[PDB]
Structure formats: C-alpha cells, structure tokens
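Figure: structure with tiratricol.
Chain naming here is simple, since letters A, B, ... match the order of the sequence lines and numbering starts at 1 in each. Excluded from the calculations below are hydrogen atoms, water molecules and symmetry mates; all remaining heavy atoms, backbone and side chain alike, are included. Indexing begins at 1, ligand by ligand and atom by atom, following the structure's order.
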Protein chains: 2
Amino acid sequence: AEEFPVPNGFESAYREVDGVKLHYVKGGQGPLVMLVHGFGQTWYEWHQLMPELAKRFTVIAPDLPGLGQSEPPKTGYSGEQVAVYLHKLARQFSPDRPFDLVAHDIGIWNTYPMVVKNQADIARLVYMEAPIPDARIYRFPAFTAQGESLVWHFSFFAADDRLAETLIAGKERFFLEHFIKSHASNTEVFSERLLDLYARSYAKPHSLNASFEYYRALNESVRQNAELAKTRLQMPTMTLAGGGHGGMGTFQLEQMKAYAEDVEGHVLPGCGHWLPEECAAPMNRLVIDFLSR
Amino acid sequence: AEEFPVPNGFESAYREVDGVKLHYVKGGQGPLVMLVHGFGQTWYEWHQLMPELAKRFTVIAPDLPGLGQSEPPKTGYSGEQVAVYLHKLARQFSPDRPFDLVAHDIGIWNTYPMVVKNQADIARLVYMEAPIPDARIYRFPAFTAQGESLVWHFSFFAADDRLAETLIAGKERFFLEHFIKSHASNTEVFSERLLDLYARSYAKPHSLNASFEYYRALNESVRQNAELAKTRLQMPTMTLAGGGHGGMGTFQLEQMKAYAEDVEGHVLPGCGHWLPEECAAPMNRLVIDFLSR
Ligand SMILES: O=C(O)Cc1cc(I)c(Oc2ccc(O)c(I)c2)c(I)c1
Ligand SMILES: O=C(O)Cc1cc(I)c(Oc2ccc(O)c(I)c2)c(I)c1
C-alpha cells in the first residue's frame, strides 16, 4: 500500500539504514539530489518538482524517520542523530560523488549536522522555510498584535505529558488543516483530497508521536548546532522563503549568511510557508536553475 | 448546587449586573475587599485566604463572567468591558466608601480598566502573577532553552476556528492538570481531588469557551490600555510574583512601576504561578498585612 501516488517513472522503495527501514521515492538519471520534507508532510510535497528534476538528476525523496512510511529512528530525534540516517541513505546511492540536498521545514533540522560534518559529500545546498536550530529561535514571539503567532507550536509540540498527541488524537485532520492554512498565503492549493492524504499519514500513532519528538529534541539540536556551527559551510548554497502570510521572509537568508560563505537568497512574494505547493512553478524554476549550474 | 465548598460562615449568592448573573462568595464584616481569580480557576482559589481576611474585612470573591457559576458577559470579554461588571458588583456592596482589590492572573486584565477609571473607589490594590495587557506581551518568547514557554497558550487560546475548544473538549481534566502543573513550582498541592474540582467547573461548555474568549479579546485589551495608561495609579499598590518554575519573577514589579506611583513588590522563592495554593502561608501573610495598613 502507498500513502501517496507515485509519479510515472518513479519507484517507491525501502532501504535499511542502521537497522531502521526508510521509505523513499526515487527516479531519474545522473548525479544524486536528495529532497527532504518537513512537518505535517512526507516525500509527496516534492511530487511536482521530482519529474522536472529527474530530467537531469537521479532524484530521491525519503520519508523522515517515523513519518510517512519510514520506521522511527532507533537512536533518537535530535538533528545529529536523524542526519546520520539521511546521510547514509544518500551515500548508498551516491558513494563516489557528492550529492545535492534540498530541504524544507524540519528537513533542515534533520540535515544540517550531516552537511556541516561531511561537506565534501555535499555539492550544492538548497534550504527553504525553516530556521537552522540555534539561539535565534528563542526570540520568536509567543503572541502578536494580529493574534495567533506562527511559532507557538514549538512549545505545544515540545511539551511533556504527550500534550500534543493527547489533544490532537481524533482531531488530526482538523488540526493539520488549521496548521497548514494558518501558515499559508495560498490556501487554495490544499484541496480536501490533499489534506485527507497528509492527515491520514501523520495520524498513524507512531507518526503523530514522531512528529512531536522532533520538537521535544529541538533544544538538544540547538545545543548540538552550537558546536557544529564553529565550522562554516563552504558549498554553493541557495535559500528560499515565502514573502507572504506564513512565510519567513528575510530571516532565511539573513540566518544562512552566518552559516555559509557562499549563499544567495530569494524571497517569493505572494507565497507562504508551503513553497513547493503554494508556489510550485517559481520555486521549481529557482531550484532547477540553481542545481543545474 | 455549589461547584466548590463554601468556607464556614460565608454565603454563596448571585447578583444581576447589567443583565448578567454573577456568582460570588461573601463573608466577614468591615471595609470591602474584592478578590478576583484567574484562568483555570474560580473564586475557590481564595478559599484559604478568605476566612483570615474576613476577621477584618467584608470579603467578596466573584466568579469571572462565564467562569465558575457566573453567566457569560453580554457586552464582551475585553478588559474594559468585563471591568464594568466587576466595578458595579463591588459598588453594590460598597456604594459610599472605597474598597480594596486583590487580583490574580486574568483577574488583573479584568480589573485594571475599572481601577484606572475609578481611582477614588479603590483604597488599596494587590496584583499578582500576570502582565497588565500592553505591548510588553508581544516580547514574551514562543519557546525557551528550557522548553515550553510561559505564555505560548496566548496564541493557542486566541487561535481562530475554535481551535482550543475543539482540541480540549472531552480532555479538560487532562489539559488543566498539565497547564497548572507546568506553571507550578510546588506541584504537590495540586491533588487529583483539587484538580477534579477545577476541571469539572471549566468543562461546562460555556465556561471552556468563555476562558478562551478572554484571550481572543487580549489585543483589544492592549489597545484599550494604551489609552488608559496615560494616567498613573495613585493608590497604594503591592505586587506579588512567584520566583520558582512557572512564576513571573521580577517582571511583575518592573511592569507595575510604569503604571503606579506607589508600589512595593515581592518575589516569592520556590513558588510558581499559583501563589494562593503553592505558597499559602507567606502569600496570605503579605496580603493581610498590606491591606491591614
Ligand atoms: O526573529 C526574526 O528575526 C524574525 C522571525 C520571526 C518569526 I515569529 C519566525 O518564525 C516563523 C515564521 C513563519 C513560519 O511559517 C514559521 I513555521 C516560523 C521567524 I523563522 C523569523
Ligand atoms: O520576556 C520577559 O519580558 C519576561 C517574561 C517572560 C514570559 I515567557 C512571561 O510570561 C509568563 C510568565 C509566567 C507565567 O506564569 C505566565 I501564565 C506567563 C512573562 I509575564 C514575562
């Protein structure tokens, strides 16, 4: 059974990595590009970009441990632990060449440590719509003059007592729709069918828990990154962020400047947090052009 | 019927104020002191302080509109709107003399406007454990290096689509235990028996909704207070705050200095948000002594 429809010419498959069965969708020919999704989603958020990229690259889009059809991590959910799985998965398919990495949302948290620790393995890097976990996140406000902030979920999801699983269970579809649309500019792209598919996936009890364990490990990830960041990133990097409601605006590039020697950034007007779906055509174009250099 | 046990020698009664039936518990003789509870609780948080105060004062402890056994407000939930009900209630019992006010948590939000607008009616004032709604609240962090922040619930409760009622309905008892204990230093005072009492009250559907409407009106209260605060409070004031986990610490007094000419503050070590229950002996002593001047 597949949680999401696989594009033509792609295959849904699994690899064991350090005793954890990871799911991915793979297609194309050429140098490897790995696309890593974030919270509330799965490999499927990349399904529009994948066929275009597959004209020039071998494309792999894994499900993060515990999410989609991937088994939970056996080590832990901190960025350094999760990044091992993703790095080793990429290396199974690109053992002899560096590969490209594109990540969205918590896909950034789960890849940054393997990028900085294995720079020779990373040809080009694209990061969109999430802070790298560091002390900057402690400044985001709990509440705004316009009401509900965009970041209060960091605390909701990190809270103990399984607070988030307990309140969201039985209301997974309701909560996800609220979360996705409140972080969107272009809500129309989230059809009832698309929301149904994402909700069914993250509502699997181990996946609902996995979702929040990423946040329960966030402080540990920040502490980890405090040490890792002593080494600057040297590979060509591009950042993307939405400039509309729900988006991160200038933060993405400005943070990345502290991490990378060679970075260019774009802010996409009229687009929120969910760039691959809200603004597929220009996002796809920018990613394809940057990687095709 | 009574949701909470009335102390010996007190009465539970109701008063209709501008078309809204307010519940209160009253006892004692002498000048009037009104005690106003906050979120998650009812008049009952004051039940240990009340008999002591009643030796020197007429004591009234109302349920906030919509909470406990009080009807929802008919105007709205902004501070200025709710303060009218509380001011009129007090003045029914003390029409020719000023009265004392003690308020905790959102009790502050719901009384500040009537204090500033009717300064001659307030002899002495005690505020504990909440910010007065102003722009300072936009600076509190969504997430901290220790985990769950103090005020992330501001956004949860303010969120559209009845997000909070939808998630919390049926899980009120679970949620309230988490909320109260996460904001406490001395968690041991929150027995299952006591939590049962509070949860059964706020689980009434109109009470669960009323609770969150106070937060949905928070930005309105901030706008209201920006005008009101152009006049400083002139009456003797005391602030209390917990110095332990969950407490507001030095913020309480520091903010109050901007609002009051005559203020003394105390931070109680090893106590969190729930001062009357976590640290009954020193809190009661501070309040009784201050009002007895
Ligand atoms: O602190 C700054 O410089 C500016 C800043 C402020 C915030 I609130 C913020 O959080 C967001 C915003 C959008 C979003 O979709 C998500 I998920 C989190 C970020 I990233 C940066
Ligand atoms: O950042 C600052 O200025 C200091 C600050 C930080 C926070 I997070 C905060 O919110 C609280 C604190 C305790 C509490 O019990 C509740 I409910 C809310 C406050 I008030 C002040």
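- Per the PDB entry, the macromolecule in most contact with tiratricol (ligand 1) is CFTR inhibitory factor.
- Other chains with a heavy-atom distance under 4.0 Å to tiratricol (ligand 1) are given as A.
- Nearby ligands and ions (under 4.0 Å from tiratricol (ligand 1)): none.
- Residue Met248(A) approaches tiratricol (ligand 1) through these ligand atoms, each under 4.0 Å from one of its heavy atoms: 13 (C), 14 (C), 16 (C), 17 (I), 18 (C), 20 (I).
- In this structure, of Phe251(A), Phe39(A), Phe179(A), the residue bringing a heavy atom nearest to atom 2 (C) of tiratricol (ligand 1) is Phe251(A).
- Of all atoms in tiratricol (ligand 1), numbered sequentially from 1 with element shown, those under 4.0 Å from a heavy atom of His273(A) are 15 (O).
- For the pair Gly247(A) and tiratricol (ligand 1), a heavy-atom separation below 4.0 Å is found.
- With ligand atoms numbered from 1 in the order given, tiratricol (ligand 1) contributes 13 (C), 14 (C), 15 (O) to contacts under 4.0 Å with heavy atoms of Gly246(A).
- Residues with a heavy atom within 4.0 Å of tiratricol (ligand 1): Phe140(A), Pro141(A), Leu150(A), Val151(A), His153(A), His183(A), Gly246(A), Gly247(A), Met248(A), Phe251(A), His273(A).
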Tabulated below should be the N or O atoms of tiratricol (ligand 1) paired with protein N or O atoms at under 3.5 Å; can you produce that?
from	atom 1	to	atom 2	distance (Å)
tiratricol (ligand 1)	15 (O)	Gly246(A)	O	2.6

